[PDB]
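Here is the structure we will look at, set down as structure tokens.
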Amino acid sequence: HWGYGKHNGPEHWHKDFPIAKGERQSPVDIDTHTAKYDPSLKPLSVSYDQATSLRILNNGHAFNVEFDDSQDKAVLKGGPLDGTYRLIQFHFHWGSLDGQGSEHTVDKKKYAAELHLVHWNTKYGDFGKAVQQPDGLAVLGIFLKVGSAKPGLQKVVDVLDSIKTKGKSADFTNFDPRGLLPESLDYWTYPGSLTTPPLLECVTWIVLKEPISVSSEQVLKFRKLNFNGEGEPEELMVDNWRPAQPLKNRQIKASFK
Ligand SMILES: CC(=O)Nc1nnc(S(N)(=O)=O)s1
Ligand SMILES: [Zn+2]
């Protein structure tokens, strides 16, 4: 089964998921000089005040913080989107070293990690249906650089010991994802895909210009998680990122000059 190792990592995925070599794969390098300002792009609308977090799960490739998506509670609208997209989960990708870990890159620069807030288009009724549509998901991507701590990340860091291995979960109620956002909501946008199998081409990517800063200790704690299950040999959960994919016939648009 797929993973991030030399024998089952991104270079192998196409054998089980041929769309890996498709026309709108993610992530990509964001060449800032080639991304054009689009004055018609609207501001992003992030409505997270009524978010209801439920649980945190180590799924063997990252950890997901899951939300109640059975009602409009935490939603993304505006920006390049038409329609309302419900937050279902967030997760991160990160490196073994501070100089790598992000999936998107900016002028070929890699950040230490990347946060993905995954939302699905309510016109499709459920997430499983949404991922089968070209406008089914909107993923808000946020870069993490190592510097000062992010206070709103600490409750996530604190619980990781309790979900060390694959298949472990813990209660994670009353978490406010607003504490993970940078000041600015300026963004780049382009059409792409899930960055993990099944690699479905269903995502409008919205990647924020401004990274958040996290401390070296915060990301160190990410790196103590395990890809393996309890009782299996220890494999540290690091370098769970897919590299940049060919841009092909796509343009990246900027909401800002
Ligand atoms: C349920 C769910 O969220 N599945 C995802 N698969 N890949 C994603 S990503 N890295 O593009 O945000 S999300
Ligand atoms: Zn992701």
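Residue numbers run from 1 in the order of the sequence given. Worth knowing before you read on, the calculation uses all heavy atoms, side chains too, and leaves out hydrogens, waters and symmetry mates. Order of appearance sets the numbers: ligands from 1, and atoms from 1 within every ligand.
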Could you check which drug is at ligand 1 for me? acetazolamide
Could you peek at this structure and say which chain has the most contacts with acetazolamide? A name from UniProt would do. Carbonic anhydrase 2
Map the residues of chain A that contact acetazolamide to UniProt domains and give the domain with the most. Alpha-carbonic anhydrase
Are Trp205 and acetazolamide in contact, using a heavy-atom cut-off of under 4.0 Å? yes
Just wondering which Zn(2+)-binding residues from UniProt for chain A are within 4.0 Å of acetazolamide, heavy-atom wise. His91, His93, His116
So if I count the atoms of acetazolamide from 1 in the order they appear, which ones are less than 4.0 Å from some heavy atom of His91? 9 (S), 10 (N), 12 (O), 13 (S)
Does acetazolamide have an atom that lies less than 4.0 angstrom from a heavy atom of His93? yes
Which organism, per the PDB entry, is the source of chain A? Homo sapiens
Which UniProt active-site residue of chain A is nearest to acetazolamide, and how far (heavy atoms, to 1 Å)? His61, 6 Å
Can you report which non-hydrogen protein atom sits closest to atom 1 (C) of acetazolamide, along with the distance? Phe127 CZ, 3.2 Å
Do me a favour and list the nearest non-hydrogen protein atom to atom 10 (N) of acetazolamide with residue, atom name and distance? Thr195 OG1, 2.7 Å
Can you tell me which residues in chain A that UniProt annotates as binding substrate end up with a heavy atom closer than 4.0 Å to acetazolamide? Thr195, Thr196
Nearby ligands and ions, acetazolamide, under 4.0 Å: ligand 2 (zinc ion)
Can you tell which part of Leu194 has a heavy atom less than 4.0 Å from acetazolamide: side chain, backbone, both or neither? both
Okay, next thing: residues with a heavy atom within 4.0 Å of acetazolamide - which are they? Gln89, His91, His93, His116, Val118, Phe127, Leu194, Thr195, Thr196, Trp205
